[PDB]
J.: 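The structure follows.
Chain labels are A, B, C, ... in exactly the order the sequence lines appear. Throughout, chain A uses the PDB entry numbering, with the displayed residues spanning 4-111, 115-162 in order. The PDB entry numbering applies to chain B: residues 9-64, 66-111, 113-162, in that order. Recorded method is X-ray crystallography, 1.8 Å. The basis for the numbers below is simple: all heavy atoms, side chains too, and nothing from hydrogens, waters or symmetry mates. Whatever order the structure lists ligands and atoms in, that order sets their numbers, starting from 1.
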Amino acid sequence: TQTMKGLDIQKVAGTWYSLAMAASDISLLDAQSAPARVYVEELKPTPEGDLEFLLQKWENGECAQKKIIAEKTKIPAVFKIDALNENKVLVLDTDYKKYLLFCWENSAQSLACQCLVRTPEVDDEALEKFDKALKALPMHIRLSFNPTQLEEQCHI
Amino acid sequence: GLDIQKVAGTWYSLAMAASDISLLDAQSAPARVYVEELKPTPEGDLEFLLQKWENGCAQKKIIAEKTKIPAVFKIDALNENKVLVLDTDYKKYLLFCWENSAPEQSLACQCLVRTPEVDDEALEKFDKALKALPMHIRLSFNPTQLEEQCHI
Ligand SMILES: CNCCCN1c2ccccc2CCc2ccccc21
Ligand SMILES: CNCCCN1c2ccccc2CCc2ccccc21
Ligand SMILES: CNCCCN1c2ccccc2CCc2ccccc21
Ligand SMILES: CNCCCN1c2ccccc2CCc2ccccc21
Ligand SMILES: [Cl-]
């Protein structure tokens, strides 16, 4: 999986909306509570060059929040979220101002990718770049959300 | 022009898409139905033999009655539910949609193939047909899922 060259995380800070999602396996995304059914609400880079994700997910009939710190690695658009180097964040592309494409990757191979946007509207260009970036990847499910869902907790 | 005799026989649901996530987001979801067989009738109707996952595979026959429009079939007498055949080469793939027009229109489309194998060309024709439709969920099956009927 190829990641962005020359990513500056200082330019990704702020609130985001998970516009579309895709995964290598149906059961990662299909259920409301599926393991990869996670909604990115905010990105916060640290001075150290780590990337904090503020996430929402449906559990046990309620929307829950979690902060995940993705730690910098030797590769500038690749972050680790465990000590065992099993789970990674891969940033594929961003124009900073409108959209950001990234994947969760687990190499115990599971892949769940998202198209994030800065404003809670459909961006056809962002969706097109998302689809193009996914062309090389073995995705078996894709989901996209309407503007109304983008503004509700857990995209209800 | 669609020839319903040539669409007869065994099929496999390779991929599915729908206008609404909740139509396809569980084995239990209303549009999560797998096509096993198409049978044309002498009267020019099209029988869909389906399987649906229920409490861990149940079989269902639905008759799609011919209309005055070719490749458009009605499932009920209230003209609420329709089958639209989008495209087929008879021997490899068939694309179709369930449609319902009862406050928002529902659409659920499939790519059927003649053998339980991934067909990248058929999946590409399906992807092209869906570009003009407002689909919010899409999923495709691997050869294991193709052979295991309703089980994925
Ligand atoms: C079956 N439990 C799934 C894990 C829950 N999860 C949450 C919880 C709330 C919001 C986001 C997430 C995503 C990932 C994560 C990370 C760390 C602990 C729990 C969770
Ligand atoms: C497989 N690890 C936990 C499952 C959910 N998860 C995914 C999903 C697909 C690919 C990788 C990962 C890595 C960790 C992670 C982090 C936050 C949400 C979901 C997930
Ligand atoms: C492996 N590439 C799949 C080809 C297109 N495909 C996509 C595309 C992007 C994300 C997910 C999927 C899942 C399967 C699917 C189902 C129906 C049409 C296209 C696709
Ligand atoms: C009784 N089932 C009604 C809904 C499921 N359904 C759908 C789904 C989406 C769009 C149209 C339809 C038409 C009816 C029908 C026929 C066969 C399988 C599913 C469905
Ligand atoms: Cl989608």
J.: What drug shows up at ligand 4?
T.: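 At ligand 4, it's desipramine.
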J.: If you rank chains by contacts with desipramine (ligand 4), which one has the most, by name in UniProt?
T.: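 The largest share of contacts goes to Beta-lactoglobulin.
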J.: At a cut-off of 4.0 Å, which other chains have heavy atoms near desipramine (ligand 4)?
T.: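 By heavy atoms, the other chains are B.
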J.: For atom 10 (C) of desipramine (ligand 4), is there a protein heavy atom at a distance under 4.0 Å?
T.: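 Answer yes: something from the protein, a heavy atom, is under 4.0 Å.
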J.: Around atom 19 (C) of desipramine (ligand 4), find the nearest protein heavy atom and jot down its residue, atom name and distance.
T.: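 Nearest neighbour among protein heavy atoms for atom 19 (C) of desipramine (ligand 4), to 0.1 Å: B:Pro38 O, 3.8 Å.
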J.: If the cut-off is 4.0 Å to any non-hydrogen atom of B:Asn109, which atoms of desipramine (ligand 4) fall inside it?
T.: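 Within the 4.0 Å cut-off of B:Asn109, desipramine (ligand 4) contributes 11 (C).
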J.: For atom 12 (C) of desipramine (ligand 4), grab the closest protein heavy atom and report residue, atom and distance to one decimal in Å.
T.: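 In this structure, atom 12 (C) of desipramine (ligand 4) has B:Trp107 CB, 3.5 Å as its nearest protein heavy atom.
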J.: Which residue and non-hydrogen atom of the protein lie closest to atom 3 (C) of desipramine (ligand 4), and at what distance in Å?
T.: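 Protein heavy atom at minimum distance: B:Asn90 OD1, 5.0 Å.
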J.: If you scan the protein for heavy atoms around atom 5 (C) of desipramine (ligand 4), do you find one that is closer than 4.0 Å?
T.: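 Yes.
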